[PDB]
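The model presented next includes ribavirin.
One letter per chain, A onward, in the order of the sequence lines. The residues of chain A that appear here are 5-467, 475-491 by the PDB entry count, in order. Following the PDB entry, chain B residues are numbered 5-467, 475-491, in order. When a ligand or atom number is given, it counts from 1 through the structure's own listing order. As a basis for the values below, the full set of heavy atoms in this structure was taken, side chains included, without hydrogen atoms, waters or symmetry mates.
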Protein chains: 2
Amino acid sequence: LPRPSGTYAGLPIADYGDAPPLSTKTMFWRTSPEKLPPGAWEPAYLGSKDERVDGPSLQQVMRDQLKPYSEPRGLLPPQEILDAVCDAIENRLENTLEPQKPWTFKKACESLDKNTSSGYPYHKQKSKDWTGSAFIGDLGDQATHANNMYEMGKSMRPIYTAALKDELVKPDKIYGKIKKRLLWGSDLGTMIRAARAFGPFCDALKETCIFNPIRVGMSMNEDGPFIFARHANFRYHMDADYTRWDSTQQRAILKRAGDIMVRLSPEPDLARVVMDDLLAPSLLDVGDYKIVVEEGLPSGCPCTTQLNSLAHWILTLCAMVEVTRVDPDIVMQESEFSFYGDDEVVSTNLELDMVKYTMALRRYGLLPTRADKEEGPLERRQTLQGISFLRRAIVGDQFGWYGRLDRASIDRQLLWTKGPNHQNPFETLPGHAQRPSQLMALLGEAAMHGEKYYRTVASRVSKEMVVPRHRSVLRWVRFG
Amino acid sequence: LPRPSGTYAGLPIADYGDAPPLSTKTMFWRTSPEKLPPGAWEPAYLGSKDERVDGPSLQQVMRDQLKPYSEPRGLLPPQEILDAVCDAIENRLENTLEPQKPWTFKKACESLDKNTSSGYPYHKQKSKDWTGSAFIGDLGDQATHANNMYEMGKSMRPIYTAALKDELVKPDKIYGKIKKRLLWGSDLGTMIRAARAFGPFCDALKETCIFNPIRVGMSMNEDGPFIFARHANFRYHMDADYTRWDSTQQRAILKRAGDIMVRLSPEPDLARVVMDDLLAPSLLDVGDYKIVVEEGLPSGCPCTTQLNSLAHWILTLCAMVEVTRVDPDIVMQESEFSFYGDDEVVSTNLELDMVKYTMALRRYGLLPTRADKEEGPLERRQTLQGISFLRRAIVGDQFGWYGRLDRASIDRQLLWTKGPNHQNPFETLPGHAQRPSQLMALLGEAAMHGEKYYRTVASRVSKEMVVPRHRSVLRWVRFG
Ligand SMILES: NC(=O)c1ncn([C@@H]2O[C@H](CO)[C@@H](O)[C@H]2O)n1
Ligand SMILES: NC(=O)c1ncn([C@@H]2O[C@H](CO)[C@@H](O)[C@H]2O)n1
Ligand SMILES: [Mg+2]
Ligand SMILES: [Mg+2]
């Protein structure tokens, strides 16, 4: 790790790799031996061992995912606008966030998801070194060292591990041009430091997820109705529907978001050291090599999705301010935003030139796309109905607004179920005894589509009855 | 109690009275010996012993309050409209209310406010016969008999006790034309029966107070923002601001509201017996006599304020349906209502002829009044801002909507404090050690008016410090 030399997928090699091989397995199993409807989604490509198609290696698929990181960046928004929007944003957070006490090492440790990997360098499930209150063994060593560096304000180089997302995808991403989504896996030391540094801010932010636009932490079922009611106070509604959000980010933008997180943290000088590490040119371990990724979002650790949401807030406000020429905090008097990483809903009373708005977005290097996928510009509508958020269509009736999962995704979840990793997606789980709460929730989702549809998906079990009456589950899913 | 003969205050005497004399005391004490600002509110008239003015007897003041009950009633809304709106209303409640289990005698008993009177015939504070889990002694006898009548579906005649409200009033109601507000005090037996009958429905209703328009049970601070956000989804806003709501009610309207409560109750046949008793010509004990009050609202027991809110819903929908000619449930797709007894906010997208709307209201015998108190018709506005609800002005900024208590009422609460009953309102409590949470809440209210105003009312103590910074209490009062 002196200085880089060599190139992989268009990016500089900084070191030999330590990551385990990409997974060739999926967690999805068919729920029935029957034949899939034509055009059905299926688990993403499993690589050379994947019986369904002869395709490239997982590594080559990953190589494709890394291309956008060497694309030239877009332009910075005009400096004066950028400063004004960041100030307005930080100021809104000062007026809303409840000041927090610092997180302990112990709190940082309990916060981590114990079911995912520790990443570099042990790449073991976190629970495997977890007593219930602390990390011991290898993980305990790594945790404790990182924590000492944190308290001394000393810098550590994060090391991320590249992976590919096991998820259902439309058949074309398997039988046409193979595509599978890139994942950044943080290292345990970095997760510890980020958690201690930023946990307080993130908790304060979540408590605020209804009246601030960063919606991370919200309950669709509990908060959706209030949040959507808010959006509906405004005349115009839209969704830029971005392509490649994370890989098109500018670190310079991310650093402005980071500055805000730092200043709003209980231990700002300790949190600066950590943020500077997160945002410095990143080491990504693709297996054979660790490569240097200077640009785009390094999406590994616990609080990046808030960092990303914050960057999104900054950009959206920048574009709106540039076009309408109204002050960032005045725009926020006339608008309601929802952000969750790249996911967005923007509602405003302001009269926005959509051609200019799209061009500004594209100029910052973002890739917004129209619903109909035709050559731009973005459209705006005068009804919230039809826009979506967190994968749920936004619906309004006489009782209020709410998020509804579309019939296709409901159908899909009836066709697949989660289980241990395996090679052949079309295998049926022999367990024939799953889906406790899952099923119930699916009844909930379906009830919201009317009795006709609900009666069909009440099909059914098992392989314990019986079907709750439609009225009853509809009432239960919408109301207290 | 055979049949009526004789007249008191224009109403028929049915029996000799048993009520204690009207109170000559107030619970309010000055917080300081200083002289009141001119025009300051003061506790209502205390009768012949009231040092501040030579005025009539409390009884004569009450006699005046009873006049509206012998006024001829207004017209019933056209039958076809009345049926349609009631059906739409009952139907909305069916789709929203979570079905309930019957209340036990024990549950009915614990629900009662133990700090108020038992009314007829013991007129003792309820706590005085209360073990912590059951009524013993006299109250136990009365409770247990009423409860047996309830379970056998047997009818009892309610007996209400007239009182006059001890509250702060504008000086003119003390030094000009004396006025003091009539109160109906239910009898313990009736409270038991109404509670067992209607408690389930009322609890189911309260759980629903955000997405149904009967707002009884709401928290201004917690629910206000969501509720007001809902209202703000609509274009037009208004408030009929009624005079003498309760005394202008038609029992026939109240019975339609009652029918709905009955059918939506877990023990409908038992609840019918009770509702028929509540709504039958009522015995009101004014001291010397029990008089028969056939019309207006008998506002005694636990659930009348929901009954009254429901009647209000019926009337408002009737007037809107009559004028706009759109179906009651379609009106409820295009509107948001809030009702709390006579207190109302009506928001709609519908294009309402306000002349026709006022005339329809007046025809049902209601007395809506304009903000400026000039000869009608009611106005509508296009902003919610400026309308009030539950005595709090409705305010909206970039964070959302919320209820704010006006500076005058805040000032007032600094000038008076609650204490034991006494004769001279200008006496200062010698206790000089009160107002724990009270003060804090007052800081909250004042913070919402800006730092300038907030700094002044931070005056202050005591007679423990210190003043929380304005930012801090503003944040605490608006947000989580
Ligand atoms: N489309 C969505 O709802 C979503 N979820 C997460 N992210 C953001 O994208 C990153 C990687 O997917 C995360 O860390 C978040 O910042 N976006
Ligand atoms: N103005 C208000 O907010 C209010 N509060 C209560 N009521 C109704 O009026 C009756 C007597 O005041 C109660 O039982 C309720 O039905 N109105
Ligand atoms: Mg969206
Ligand atoms: Mg009002």
Handout entry: Drug placement: ribavirin
Key =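 The drug sits at ligands 1 and 2.
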Problem - Name in UniProt of chain in most contact with ribavirin (ligand 1) - result: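 It is most in contact with RNA-directed RNA polymerase.
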Handout entry: Other chains, non-hydrogen atoms under 4.0 Å from ribavirin (ligand 1)
Key =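 Those reaching under 4.0 Å with a heavy atom: A.
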Problem - Contact residues, ribavirin (ligand 1), heavy atoms 4.0 Å - result: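 The heavy-atom binding site is A/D250, A/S303, A/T308, A/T309, A/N312, A/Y344, A/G345, A/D346, A/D347.
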Handout entry: Closest approach of any protein heavy atom to atom 12 (O) of ribavirin (ligand 1), naming residue and atom
Key =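 Here the closest protein heavy atom is A/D250 OD2, 3.4 Å.
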Handout entry: Shortest protein contact, atom 14 (O) of ribavirin (ligand 1) (heavy atom only)
Key =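 For atom 14 (O) of ribavirin (ligand 1), the nearest protein heavy atom comes out as A/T309 CB, 3.4 Å.
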Exercise for the section: Tell me which protein heavy atom sits closest to atom 17 (N) of ribavirin (ligand 1), plus the residue, atom name and distance to 0.1 Å. Expected result: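 Nearest protein contact, heavy atoms only, for atom 17 (N) of ribavirin (ligand 1) is A/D346 OD1, 2.7 Å.
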Problem - Taking atom 16 (O) of ribavirin (ligand 1) as the reference point, the nearest protein heavy atom with its distance - result: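 Result for atom 16 (O) of ribavirin (ligand 1): A/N312 ND2, 2.8 Å.
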Handout entry: UniProt Mg(2+) binders in chain A under 4.0 Å from ribavirin (ligand 1), heavy atoms
Key =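 Applying the heavy-atom cut-off to the UniProt set, I get A/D347.
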Exercise for the section: Specify which UniProt domain of chain A supplies the largest share of contacts to ribavirin (ligand 1). Expected result: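 Per UniProt, it's RdRp catalytic.
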